[PDB]
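Structure with paromomycin present.
Lettering follows sequence order; numbering is per chain, from 1. Heads up, header says this was done by X-ray crystallography, 2.8 Å. Only part shown; contacts counted inside that part. Counting starts at 1 for both ligands and their atoms, in listed order.
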Amino acid sequence: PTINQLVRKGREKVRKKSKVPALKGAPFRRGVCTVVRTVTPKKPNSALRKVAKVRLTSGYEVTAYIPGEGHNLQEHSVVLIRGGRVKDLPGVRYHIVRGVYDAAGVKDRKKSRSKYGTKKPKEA
Amino acid sequence: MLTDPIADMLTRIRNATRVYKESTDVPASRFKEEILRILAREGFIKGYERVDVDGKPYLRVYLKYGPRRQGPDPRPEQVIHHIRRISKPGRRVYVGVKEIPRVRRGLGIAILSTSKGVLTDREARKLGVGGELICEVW
RNA sequence: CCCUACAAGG
RNA sequence: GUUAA
RNA sequence: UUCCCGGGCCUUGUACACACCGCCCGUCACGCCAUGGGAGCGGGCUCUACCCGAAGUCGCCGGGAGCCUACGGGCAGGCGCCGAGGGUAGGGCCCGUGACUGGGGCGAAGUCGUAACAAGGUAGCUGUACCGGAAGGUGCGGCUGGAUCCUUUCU
RNA sequence: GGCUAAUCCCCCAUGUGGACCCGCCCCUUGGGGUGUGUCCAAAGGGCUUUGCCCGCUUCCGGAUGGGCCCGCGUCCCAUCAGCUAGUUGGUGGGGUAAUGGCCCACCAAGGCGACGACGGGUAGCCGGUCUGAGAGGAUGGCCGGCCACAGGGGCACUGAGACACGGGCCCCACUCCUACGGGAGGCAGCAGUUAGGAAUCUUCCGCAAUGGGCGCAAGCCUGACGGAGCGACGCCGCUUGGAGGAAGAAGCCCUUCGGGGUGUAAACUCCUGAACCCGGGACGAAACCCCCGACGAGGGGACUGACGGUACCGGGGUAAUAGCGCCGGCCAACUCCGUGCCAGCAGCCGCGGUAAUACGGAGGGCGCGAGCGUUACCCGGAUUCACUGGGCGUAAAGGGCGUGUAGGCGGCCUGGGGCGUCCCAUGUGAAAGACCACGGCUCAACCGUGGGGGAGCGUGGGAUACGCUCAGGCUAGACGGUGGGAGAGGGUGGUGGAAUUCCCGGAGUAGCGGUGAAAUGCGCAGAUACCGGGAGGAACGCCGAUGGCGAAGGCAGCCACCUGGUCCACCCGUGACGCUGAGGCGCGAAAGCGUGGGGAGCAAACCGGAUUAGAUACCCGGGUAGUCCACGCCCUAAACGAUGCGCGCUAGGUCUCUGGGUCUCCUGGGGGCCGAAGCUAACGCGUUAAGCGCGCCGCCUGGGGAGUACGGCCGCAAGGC
Ligand SMILES: NC[C@@H]1O[C@H](O[C@H]2[C@@H](O)[C@H](O[C@@H]3[C@@H](O)[C@H](N)C[C@H](N)[C@H]3O[C@H]3O[C@H](CO)[C@@H](O)[C@H](O)[C@H]3N)O[C@@H]2CO)[C@H](N)[C@@H](O)[C@@H]1O
Ligand SMILES: [K+]
Ligand SMILES: [K+]
Ligand SMILES: [K+]
Ligand SMILES: [K+]
Ligand SMILES: [K+]
Ligand SMILES: [K+]
Ligand SMILES: [K+]
Ligand SMILES: [K+]
Ligand SMILES: [K+]
Ligand SMILES: [K+]
Ligand SMILES: [K+]
Ligand SMILES: [K+]
Ligand SMILES: [K+]
Ligand SMILES: [K+]
Ligand SMILES: [K+]
Ligand SMILES: [K+]
Ligand SMILES: [K+]
Ligand SMILES: [K+]
Ligand SMILES: [K+]
Ligand SMILES: [K+]
Ligand SMILES: [K+]
Ligand SMILES: [K+]
Ligand SMILES: [K+]
Ligand SMILES: [Mg+2]
Ligand SMILES: [Mg+2]
Ligand SMILES: [Mg+2]
Ligand SMILES: [Mg+2]
Ligand SMILES: [Mg+2]
Ligand SMILES: [Mg+2]
Ligand SMILES: [Mg+2]
Ligand SMILES: [Mg+2]
Ligand SMILES: [Mg+2]
Ligand SMILES: [Mg+2]
Ligand SMILES: [Mg+2]
Ligand SMILES: [Mg+2]
Ligand SMILES: [Mg+2]
Ligand SMILES: [Mg+2]
Ligand SMILES: [Mg+2]
Ligand SMILES: [Mg+2]
Ligand SMILES: [Mg+2]
Ligand SMILES: [Mg+2]
Ligand SMILES: [Mg+2]
Ligand SMILES: [Mg+2]
Ligand SMILES: [Mg+2]
Ligand SMILES: [Mg+2]
Ligand SMILES: [Mg+2]
Ligand SMILES: [Mg+2]
Ligand SMILES: [Mg+2]
Ligand SMILES: [Mg+2]
Ligand SMILES: [Mg+2]
Ligand SMILES: [Mg+2]
Ligand SMILES: [Mg+2]
Ligand SMILES: [Mg+2]
Ligand SMILES: [Mg+2]
Ligand SMILES: [Mg+2]
Ligand SMILES: [Mg+2]
Ligand SMILES: [Mg+2]
Ligand SMILES: [Mg+2]
Ligand SMILES: [Mg+2]
Ligand SMILES: [Mg+2]
Ligand SMILES: [Mg+2]
Ligand SMILES: [Mg+2]
Ligand SMILES: [Mg+2]
Ligand SMILES: [Mg+2]
Ligand SMILES: [Mg+2]
Ligand SMILES: [Mg+2]
Ligand SMILES: [Mg+2]
Ligand SMILES: [Mg+2]
Ligand SMILES: [Mg+2]
Ligand SMILES: [Mg+2]
Ligand SMILES: [Mg+2]
Ligand SMILES: [Mg+2]
Ligand SMILES: [Mg+2]
Ligand SMILES: [Mg+2]
Ligand SMILES: [Mg+2]
Ligand SMILES: [Mg+2]
Ligand SMILES: [Mg+2]
Ligand SMILES: [Mg+2]
Ligand SMILES: [Mg+2]
Ligand SMILES: [Mg+2]
Ligand SMILES: [Mg+2]
Ligand SMILES: [Mg+2]
Ligand SMILES: [Mg+2]
Ligand SMILES: [Mg+2]
Ligand SMILES: [Mg+2]
Ligand SMILES: [Mg+2]
Ligand SMILES: [Mg+2]
Ligand SMILES: [Mg+2]
Ligand SMILES: [Mg+2]
Ligand SMILES: [Mg+2]
Ligand SMILES: [Mg+2]
Ligand SMILES: [Mg+2]
Ligand SMILES: [Mg+2]
Ligand SMILES: [Mg+2]
Ligand SMILES: [Mg+2]
Ligand SMILES: [Mg+2]
Ligand SMILES: [Mg+2]
Ligand SMILES: [Mg+2]
Ligand SMILES: [Mg+2]
Ligand SMILES: [Mg+2]
Ligand SMILES: [Mg+2]
Ligand SMILES: [Mg+2]
Ligand SMILES: [Mg+2]
Ligand SMILES: [Mg+2]
Ligand SMILES: [Mg+2]
Ligand SMILES: [Mg+2]
Ligand SMILES: [Mg+2]
Ligand SMILES: [Mg+2]
Ligand SMILES: [Mg+2]
Ligand SMILES: [Mg+2]
Ligand SMILES: [Mg+2]
Ligand SMILES: [Mg+2]
Ligand SMILES: [Mg+2]
Ligand SMILES: [Mg+2]
Ligand SMILES: [Mg+2]
Ligand SMILES: [Mg+2]
Ligand SMILES: [Mg+2]
Ligand SMILES: [Mg+2]
Ligand SMILES: [Mg+2]
Ligand SMILES: [Mg+2]
Ligand SMILES: [Mg+2]
Ligand SMILES: [Mg+2]
Ligand SMILES: [Mg+2]
Ligand SMILES: [Mg+2]
Ligand SMILES: [Mg+2]
Ligand SMILES: [Mg+2]
Ligand SMILES: [Mg+2]
Ligand SMILES: [Mg+2]
Ligand SMILES: [Mg+2]
Ligand SMILES: [Mg+2]
Ligand SMILES: [Mg+2]
Ligand SMILES: [Mg+2]
Ligand SMILES: [Mg+2]
Ligand SMILES: [Mg+2]
Ligand SMILES: [Mg+2]
Ligand SMILES: [Mg+2]
Ligand SMILES: [Mg+2]
Ligand SMILES: [Mg+2]
Ligand SMILES: [Mg+2]
Ligand SMILES: [Mg+2]
Ligand SMILES: [Mg+2]
Ligand SMILES: [Mg+2]
Ligand SMILES: [Mg+2]
Ligand SMILES: [Mg+2]
Ligand SMILES: [Mg+2]
Ligand SMILES: [Mg+2]
Ligand SMILES: [Mg+2]
Ligand SMILES: [Mg+2]
């Protein structure tokens with residue numbers, strides 16, 4: 001565009017949309033489990049992915065993933081959401097943090113333990 | 001009617017040199033002549049001269065080029081490899097003496113029109129003055 | 001479990 | 001009928 | 001050597017490339033989710049008109065109605081304008097809900113046909129118009145982003 | 001109701017002086033001087049008591065602090081475009097320290113806005129901070145500056161200062177106390193409670209130091225502050241050991257069962273000594289005060305430490321925490337088993353379907369280490385809003401075309417001014433921070449001192465090339481003159497022949513029509529085919545082109561009239577009168593809409609015949625709107641060269657339309673093809689540019705959702721922007 005046009009209209013700073021409306025852009029959000037479902041992945045994949053419908057303190061009710069093999073969540077389990085979507089589950093944009101609230105840490109987990117919330121087992 | 005008689009000249013020169021013409025004419029004007037003075041002095045062109053084309057005043061600009069060359073495409077290197085307008089109608093470019101650019105570490109030049117007359121970037125720096133940054137050459 | 005890892009069929 | 005090589 | 005089957009060479013179109021037994025469109029069915037319209041129903045803001053109007057400053061009175069007085073004046077008190085807010089009527093605006101209602105996104109293997117890509121089997125696309133389970137079909141005009149010199153879907 | 005003191009209040013006097021009216025002078029907005037008139041002062045207390053200290057009154061000035069005013073700068077939405085009555089200005093008042101519609105009386109009719117008013121949304125602003133090569137982007141916590149607020153709203157009183165967080169009054173909400181009349185209260189001070197939240201600490205010590213208020217002083221107050229406590233929240237420093245030690249224990253993992261790995265790692269030997277334990281033990285603190293001196297200078301003297309028995313010293317002295325992420329590519333690091341599109345991983349690409357370096361465990365490995373990961377957010381990479389530093393023929397992007405308003409841009413020469421621009425000097429640019437140097441804590445973090453910075457803005461002076469402005473000149477752009485030219489350019493009227501349909505007459509008879517084949521249909525009320533006549537509507541064969549004209553849409557028989565554009569020649573006139581163009585306005589294929597008319601042929605819909613698995617189609621027979629005209633709407637498009645307009649520049653060849661010329665050919669305007677240089681991702685473009693440049697407009701910014709929803713504007717509607 002001409003310089004005159006640039007003087008007349010300038011450029012437009014374009015902003016980005018959040019991939020995570022956990023309101024306050026808080027790093028995490030608390031909520032209660034409304035439903036504990038199972039969901040099928042998209043095309044390339046097949047499996048019974050574990051998801052939960054959570055009613056947030058942020059006034060939102062979004063579905064969150066329940067990572068790990070374990071899992072002990074029911075229709076009233078209070079839990080902490082963190083954000084991190086699931087490439088396979090369109091609509092699932094948050095992960096439930098294991099080891100916090102009513103969400104038990106994955107038991108017998110021996111590797112990436114800090115994720116999955118699993119304390120260190122005694123070695124001898 | 002031209003909108004940038006200066007830009008016009010830099011281009012007539014640019015286009016001509018690109019086809020290895022011996023010389024090229026440009027509508028006459030003092031300011032334009034002054035710029036030509038430097039190109040000559042700086043050895044970018046053989047030189048120039050007033051002439052009258054069909055009754056009107058022009059300026060034959062005698063172009064320079066390197067020697068014929070080796071292999072394929074024996075066309076000679078250009079003396080004036082780059083001649084570019086900086087300040088322009090509706091975007092004039094002005095610089096203070098500490099803002100005069102250094103074209104190609106000195107290998108090239110800048111031509112400003114100062115209140116002390118048209119000067120190469122060195123001539124300007126020397127006389128300690130800035131002005132309108134007309135163009136750049138190398 | 002028969003097909004080919006499945007779907008669907010027996 | 002789907003997904004692969 | 002026109003035709004059926006397999007094949008070789010040149011060329012052309014292609015949205016095909018585990019390569020036409022390719023690709024692929026829309027309706028509909030099942031599941032998840034966001035969302036538009038929306039009578040009525042409540043919450044708030046705002047503008048206009050009129051009305052009521054605390055405190056307080058200011059202005060007038062301050063009288064044979066009160067207090068002080070060195071008679072000049074002062075205080076109390078009274079009245080008024082402005083005035084936080086409030087009321088009634090009307091107009092605009094926003095938020096929540098919302099019967100009923102429109103379409104949309106997304107989710108390996110459900111249903112119907114086959115619209116498009118090769119002249120895709122009636123060249124396609126297009127603005128508009130009517131019409132039809134659906135893709136679409138047809139009219140009129142336009143564009144090339146069109147191949148060349150009985151009939152038949154799928155995968 | 002009564003009594004009473006003062007540095008409380010008042011009257012009189014003195015008037016250095018000051019205030020006010022009027023005059024004059026100087027100066028220039030209300031600044032300074034001067035004259036007359038008028039008006040205005042005061043507080044006492046202490047004693048080392050005949051003279052000092054604290055203090056009071058008036059005035060001028062200083063210093064510090066502040067009020068008000070002005071230039072410039074300060075986020076998003078134009079789906080916010082018109083806003084305004086104290087509104088804009090005046091005169092005269094009120095108010096204040098003071099200007100001012102700050103407030104009022106009256107008069108005038110003004111003020112503001114596309115350089116974005118008004119409305120809506122969001123937000124305290126800076127020094128700085130983070131990031132970035134820079135330009136820039138993001139940000140404003142701690143510290144410093146300014147502002148604003150003190151439960152919400154309004155208000156004034158006191159005072160130098162407030163319209164006052166721990167002052168006052170009223171209204172509102174809320175809490176508490178009430179004998180129900182009526183009262184009390186405001187932690188956005190320190191700490192602490194509770195609620196909300198992913199989340200943020202002690203109801204600590206001290207007033208020793210620095211700083212503040214009151215006091216002559218002693219000294220009193222100070223949750224300001226100086227410290228301690230809690231939290232890996234961050235940064236920096238430190239530890240968990242050092243040297244020796246086997247061709248190499250065991251265990252565990254691989255294996256080709258030979259052996260390879262963990263690995264000098266361990267064990268074990270020796271050495272040093274984090275912790276701890278003793279003893280010493282701070283700096284921060286020397287003033288105020290007191291004595292001498294003169295309550296000065298100067299000199300002596302005394303008191304005082306929260307932190308803390310801490311830091312730091314010296315002695316003794318134990319071998320004494322390691323975790324977390326990761327290992328398919330990006331990206332450093334591979335094997336075994338389990339599992340079998342399951343369970344699960346996943347930042348993006350992707351991985352798992354029975355031998356998975358990608359899942360889960362293990363061995364091994366890589367990375368970092370009192371941390372390591374994750375999530376969230378900011379800058380970067382992203383020249384991915386491109387000023388530096390991008391684009392639009394086919395990738396997203398040229399507006400359907402023109403006219404032209406504001407605006408942006410502007411040929412050659414001379415002169416004035418000196419706004420832009422450039423130069424010098426100078427003022428400003430607080431501290432902290434950043435940078436460099438040196439220095440203080442054993443280092444560092446942290447901190448001290450010093451050095452250097454600049455943009456921006458103010459002031460004075462200077463320059464004049466370019467841009468600007470004024471003045472004059474010019475003729476190369478532009479426009480005009482005269483003379484010629486070609487054209488389906490437009491509008492109105494008239495008019496010609498071919499064909500179809502229909503009607504009439506003649507003649508003639510059994511079918512015609514239609515298809516792949518058929519049938520519907522039409523025909524003995526005589527069709528088809530043929531001849532003659534008539535009516536009507538619509539469109540113009542050959543010429544005709546790869547042609548011409550127009551801004552696009554688009555325009556085609558012939559004639560007349562009215563009318564637009566354009567090209568060449570002659571160099572005749574004007575003398576930069578130019579280019580572009582937001583908005584506006586006009587034009588704008590087809591279909592469609594309204595009123596009226598027309599209606600031959602064609603033909604959405606529709607009625608039928610076929611075809612087909614079906615056939616809401618393609619083929620066949622009919623057929624309404626419509627197609628045509630007038631007038632008014634609609635405003636779209638593959639409105640396309642998918643290429644905005646103007647100008648200058650950069651080989652040619654060939655065909656062609658139209659004009660001029662000394663007419664092999666030269667010169668101008670237009671239409672094509674191939675190609676120089678160059679450009680392009682390529683295809684291609686290439687003097688009719690997509691090349692080289694300048695000016696202006698329009699537009700793009702991943703795909704779907706969606707040209708949808710909402711709002712506005714327009715339309716009768718369909719619907720358009
Ligand atoms: N998301 C697709 C959108 O909706 C339409 O597509 C939707 C349907 O038409 C389509 O349906 C297909 C069907 O066409 C096809 N013949 C069979 C197939 N099983 C269906 O599939 C659908 O349903 C199954 C469950 O039954 C899901 O697992 C699957 O993900 C889903 N796409 O699947 C889509 C639903 O996701 C439009 N045609 C498409 O252009 C548009 O983008
Ligand atoms: K034959
Ligand atoms: K006097
Ligand atoms: K003073
Ligand atoms: K001041
Ligand atoms: K006034
Ligand atoms: K800022
Ligand atoms: K800033
Ligand atoms: K002394
Ligand atoms: K020691
Ligand atoms: K040890
Ligand atoms: K197995
Ligand atoms: K593995
Ligand atoms: K980023
Ligand atoms: K377009
Ligand atoms: K338009
Ligand atoms: K001059
Ligand atoms: K003419
Ligand atoms: K018959
Ligand atoms: K043509
Ligand atoms: K009609
Ligand atoms: K090329
Ligand atoms: K609308
Ligand atoms: K309307
Ligand atoms: Mg920019
Ligand atoms: Mg898979
Ligand atoms: Mg993530
Ligand atoms: Mg140039
Ligand atoms: Mg150049
Ligand atoms: Mg099937
Ligand atoms: Mg699969
Ligand atoms: Mg064959
Ligand atoms: Mg052969
Ligand atoms: Mg072929
Ligand atoms: Mg090919
Ligand atoms: Mg395939
Ligand atoms: Mg009233
Ligand atoms: Mg009152
Ligand atoms: Mg009174
Ligand atoms: Mg009111
Ligand atoms: Mg709603
Ligand atoms: Mg419905
Ligand atoms: Mg699913
Ligand atoms: Mg079709
Ligand atoms: Mg088809
Ligand atoms: Mg087929
Ligand atoms: Mg057909
Ligand atoms: Mg077809
Ligand atoms: Mg159509
Ligand atoms: Mg039809
Ligand atoms: Mg057509
Ligand atoms: Mg085509
Ligand atoms: Mg069929
Ligand atoms: Mg099918
Ligand atoms: Mg087939
Ligand atoms: Mg009394
Ligand atoms: Mg007395
Ligand atoms: Mg007194
Ligand atoms: Mg006197
Ligand atoms: Mg006197
Ligand atoms: Mg005066
Ligand atoms: Mg005077
Ligand atoms: Mg006097
Ligand atoms: Mg007196
Ligand atoms: Mg006044
Ligand atoms: Mg006054
Ligand atoms: Mg006012
Ligand atoms: Mg505003
Ligand atoms: Mg705020
Ligand atoms: Mg950058
Ligand atoms: Mg601060
Ligand atoms: Mg307030
Ligand atoms: Mg509060
Ligand atoms: Mg209050
Ligand atoms: Mg208040
Ligand atoms: Mg107050
Ligand atoms: Mg308080
Ligand atoms: Mg809580
Ligand atoms: Mg603290
Ligand atoms: Mg103190
Ligand atoms: Mg003190
Ligand atoms: Mg106290
Ligand atoms: Mg402190
Ligand atoms: Mg913390
Ligand atoms: Mg060792
Ligand atoms: Mg000790
Ligand atoms: Mg000392
Ligand atoms: Mg000390
Ligand atoms: Mg003391
Ligand atoms: Mg003495
Ligand atoms: Mg002393
Ligand atoms: Mg020892
Ligand atoms: Mg690697
Ligand atoms: Mg398993
Ligand atoms: Mg992992
Ligand atoms: Mg991996
Ligand atoms: Mg550390
Ligand atoms: Mg950038
Ligand atoms: Mg971007
Ligand atoms: Mg740019
Ligand atoms: Mg780009
Ligand atoms: Mg396309
Ligand atoms: Mg495109
Ligand atoms: Mg165009
Ligand atoms: Mg203009
Ligand atoms: Mg000029
Ligand atoms: Mg101008
Ligand atoms: Mg100047
Ligand atoms: Mg400075
Ligand atoms: Mg300066
Ligand atoms: Mg500084
Ligand atoms: Mg040091
Ligand atoms: Mg410093
Ligand atoms: Mg100056
Ligand atoms: Mg001048
Ligand atoms: Mg002139
Ligand atoms: Mg002349
Ligand atoms: Mg003429
Ligand atoms: Mg014509
Ligand atoms: Mg007859
Ligand atoms: Mg007869
Ligand atoms: Mg019959
Ligand atoms: Mg008969
Ligand atoms: Mg006849
Ligand atoms: Mg008729
Ligand atoms: Mg033309
Ligand atoms: Mg056309
Ligand atoms: Mg002439
Ligand atoms: Mg124009
Ligand atoms: Mg039209
Ligand atoms: Mg029409
Ligand atoms: Mg009509
Ligand atoms: Mg009609
Ligand atoms: Mg017909
Ligand atoms: Mg049938
Ligand atoms: Mg038909
Ligand atoms: Mg076209
Ligand atoms: Mg344009
Ligand atoms: Mg040519
Ligand atoms: Mg030509
Ligand atoms: Mg020609
Ligand atoms: Mg080339
Ligand atoms: Mg070419
Ligand atoms: Mg050009
Ligand atoms: Mg191009
Ligand atoms: Mg657009
Ligand atoms: Mg779209
Ligand atoms: Mg539309
Ligand atoms: Mg439409």
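- All copies of paromomycin taken together correspond to ligand 1.
- Of the chains near paromomycin, the one making the most contacts is recorded in the PDB entry as 16S Ribosomal RNA.
- The other chains with any non-hydrogen atom less than 4.0 Å from paromomycin are E.
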